[PDB]
**Student:** 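A single structure is presented below for examination.
Residue numbering restarts at 1 for every chain, and letters A, B, ... go by the order of the sequence lines. This depiction is restricted to one part of the PDB entry, and every contact reported falls within that part. Remember, it's 1-based here, ligands and their atoms both numbered in the order they're listed.
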Amino acid sequence: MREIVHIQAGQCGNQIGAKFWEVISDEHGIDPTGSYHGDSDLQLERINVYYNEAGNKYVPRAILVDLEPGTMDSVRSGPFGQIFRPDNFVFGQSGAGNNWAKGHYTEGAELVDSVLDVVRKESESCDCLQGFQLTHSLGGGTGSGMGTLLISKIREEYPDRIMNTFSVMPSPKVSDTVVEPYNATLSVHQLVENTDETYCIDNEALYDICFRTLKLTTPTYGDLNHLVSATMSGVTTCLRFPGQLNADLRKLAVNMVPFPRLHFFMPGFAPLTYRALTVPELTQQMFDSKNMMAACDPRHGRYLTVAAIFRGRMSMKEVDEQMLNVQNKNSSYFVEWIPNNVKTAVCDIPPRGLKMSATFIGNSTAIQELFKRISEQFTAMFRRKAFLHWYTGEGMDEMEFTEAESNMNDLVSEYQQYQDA
Amino acid sequence: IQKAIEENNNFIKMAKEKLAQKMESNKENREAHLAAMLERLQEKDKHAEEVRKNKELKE
Ligand SMILES: Nc1nc2c(ncn2[C@@H]2O[C@H](COP(=O)(O)OP(=O)(O)O)[C@@H](O)[C@H]2O)c(=O)[nH]1
Ligand SMILES: COC(=O)Nc1nc2ccc(C(=O)c3ccccc3)cc2[nH]1
Ligand SMILES: [Ca+2]
Ligand SMILES: [Mg+2]
Ligand SMILES: [Mg+2]
């Protein structure tokens, strides 16, 4: 029945994950008690993809993970806190101290088996498991360190299941600690090996969008998260609602990932949130760099593949025409050796508070700008071995950092190979 | 994780030993300092016996 199993690790992961379930629970007519109260059977046609059916109640197939209880205690008392299965809250007490080694090797190792037990119980009750999705940040310790540990354990036990991630990349503009480039560099290599899709959500881009476009003088993490939950809703629209597409995770990945390591996507959304947008405006916005959440200029690279889903009632002859006009405008920014690498899909159901919207999924080589940014911040500290004691104190060796640095530089050069090809 | 356990245990071990050696070295030094002081005072007591003996002879 094409089930998906959702995991959210750490502070960031649980806070964007909670908002994701709030958004789609509303789209599917599920209330904070898990009871259906919608006006269309389309809301329920693919409800099983993300929800288990209990007293006619729908329970998210979601596992909430953290190494400290704070953020999950806040989720349990949040708006939709009661719909999550209580047994799927798996948390420790010591915290991860924004330390990848604590999440990946010490504190996280003590908790990981417990998480996998819940993952197994959820996977066992799946008629046909599509795969997994993980929400997390790469700049902390739990989501980054333990999240990538979980991904490695899940691939060992489920090697033939898709693993996709929504990964929040750190930025000095929106930063908690200076060690974030260390944690992100260590995590990226894990994702290079063990995920089929990784949506690169850059906090720098989310901030710039909140400040310059949405005119929010002082964005909060909550403001950044409204952009993420909205993007996640769109990216999963074709899996959750009937329409043109009925592809599972594997088929979606096959047509988007031409090379196994270049699976890091630049997501986008339009309209950025009374005048309903025209189709030309939706199309022009979702290709504008200002609507992209990776803080990479697509004009500095080339698209390997592009997928875009349009939601709402609209003329699709008009969308096809506009997609042609924007491709002509950006003709030199698409590789010429993957024919017909720009695909479009439709869903009649729009998201809440919008008559129509569009979600952009780009597999662009410009994403190398993000990895180069992280690599430069990494090296700035690693030249002087600054703040390394937090990691060597947990058993890590200098060599592991040198290898992560080289792996990052190899990833960047592989993108530059296909940007010139 | 084994390396982390080994480093913490080795730090605990070397501190326990470094302290045990400092506290014993200090005990010996203080005991020697006080022993030398008294030995000088006993030497004076002996010198006082010689003085009182030297008086008796003159009588
Ligand atoms: N978008 C977003 N980013 C967050 C949030 N909380 C923390 N971050 C980012 O995540 C990183 C800190 O990781 P965090 O999730 O707090 O650490 P963890 O709990 O150990 O996984 C930093 O780069 C923060 O900018 C959040 O609610 N939203
Ligand atoms: C839980 O993780 C995911 O949702 N992964 C994921 N990968 C995707 C790739 C493409 C699309 C589309 O909407 C689409 C639009 C037009 C043509 C073809 C596809 C949706 C995806 N969702
Ligand atoms: Ca412990
Ligand atoms: Mg935090
Ligand atoms: Mg066990």
**Student:** Okay, next thing: the drug at ligand 2, what is it?
**Tutor:**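 The drug there is mebendazole.
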**Student:** Name the macromolecule with the most heavy-atom contacts to mebendazole (ligand 2) in this structure, as UniProt names it.
**Tutor:**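 It is most in contact with Tubulin beta-2B chain.
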**Student:** Other chains with a heavy atom closer than 4.0 Å to mebendazole (ligand 2): which ones?
**Tutor:**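 Other chains in heavy-atom contact: A.
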**Student:** Please list the residues near mebendazole (ligand 2), using 4.0 Å as the heavy-atom limit.
**Tutor:**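 The heavy-atom cut-off picks out A/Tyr50, A/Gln133, A/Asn164, A/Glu197, A/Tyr199, A/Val235, A/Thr236, A/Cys238, A/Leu239, A/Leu245, A/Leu249, A/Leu252, A/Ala307, A/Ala308, A/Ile309, A/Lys343, A/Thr344, A/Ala345, A/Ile361.
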**Student:** State whether the shortest distance between N or O atoms of A/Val235 and N or O atoms of mebendazole (ligand 2) falls below 3.5 angstrom.
**Tutor:**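 Yes; at least one N/O pair falls below 3.5 Å.
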**Student:** Under 4.0 Å from any heavy atom of A/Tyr50, which atoms of mebendazole (ligand 2) are there?
**Tutor:**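 Counting from 1, the qualifying ligand atoms are 1 (C).
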**Student:** Which of the numbered atoms in mebendazole (ligand 2) are under 4.0 angstrom from any heavy atom belonging to A/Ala345?
**Tutor:**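 Listed by number with element: 15 (C), 16 (C).
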**Student:** Any atoms of mebendazole (ligand 2) less than 4.0 Å from a non-hydrogen atom of A/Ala308? List them with their elements.
**Tutor:**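 Counting from 1, the qualifying ligand atoms are 15 (C), 16 (C).
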**Student:** Counting each atom of mebendazole (ligand 2) from 1 as listed, which ones have a heavy atom of A/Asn164 under 4.0 Å away?
**Tutor:**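 Numbered from 1, mebendazole (ligand 2) contributes 2 (O), 3 (C), 5 (N).
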**Student:** Identify the protein heavy atom lying closest to atom 5 (N) of mebendazole (ligand 2), giving its residue, its atom name and the separation to 0.1 Å.
**Tutor:**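 Here the closest protein heavy atom is A/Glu197 OE1, 2.7 Å.
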**Student:** Identify the covalent attachment point of mebendazole (ligand 2) as residue and atom, or report none.
**Tutor:**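 Here, no covalent bond links mebendazole (ligand 2) to a chain.
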